[PDB]
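Per the PDB entry, chain A residues shown: 5-124, in order. This entry, so its header tells us, was determined using X-ray crystallography, 2.9 Å. In listed order, ligands and their atoms are each counted from 1.
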Amino acid sequence: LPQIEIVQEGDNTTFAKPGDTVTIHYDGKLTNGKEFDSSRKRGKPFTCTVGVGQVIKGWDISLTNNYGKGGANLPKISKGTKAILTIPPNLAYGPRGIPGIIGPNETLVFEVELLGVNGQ
Ligand SMILES: C=CC[C@@H]1/C=C(\C)C[C@H](C)C[C@H](OC)[C@H]2O[C@@](O)(C(=O)C(=O)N3CCCC[C@H]3C(=O)O[C@H](/C(C)=C/[C@@H]3CC[C@@H](O)[C@H](OC)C3)[C@H](C)[C@@H](O)CC1=O)[C@H](C)C[C@@H]2OC
């Protein structure tokens, strides 16, 4: 499943649940270290609804703590938390990927900051 490493610690009280909307700042890199996207470089944070299949599965799993099932190496991310998500080609864009930006069978690394959840 996805992998999460916690670089920094949030409030530890605010966690996203499926159907919740989250706001995130992120940089996305390949395992080789080349950046393919940054929310901050754009100057705009990303907002989405998690747990509805709106975004790739690795994002849905990490943000909702696996829909509350819990997971191996799956620590929960809270508001103000900084974490690294490693997403396998499954749970992301797969064998096809999305040209131009992503090659076939790519493992993706996201460095993310969870600015807010829902009302916040
Ligand atoms: C005209 C409007 C298009 C509309 C584009 C935007 C609102 C701007 C928004 C910042 C996207 C960025 O545009 C610069 C750019 O973000 C990336 O760089 C990226 O960091 C990424 O991977 N993200 C974004 C952050 C959340 C996780 C993931 C995602 O799941 O995002 C979602 C995603 C691509 C889902 C695919 C869709 C195809 C399915 O087949 C596949 O199923 C496996 C899942 C995004 C939100 C789409 O739902 C919404 C859109 O497409 C992609 C590398 C390519 C993507 O551009 C496409």
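- For ligand 1, the recorded drug is tacrolimus.
- In the deposited model, the macromolecule with the most close contacts to tacrolimus is named by the PDB entry as FK506-binding protein 1.
- In terms of UniProt domains, the contact of chain A with tacrolimus runs mainly through PPIase FKBP-type.
- Residues in other chains coming within 4.0 Å of tacrolimus by heavy atoms are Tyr30, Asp41, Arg46, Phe50, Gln58, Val59, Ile60, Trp63, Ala96, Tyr97, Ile106, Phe114.
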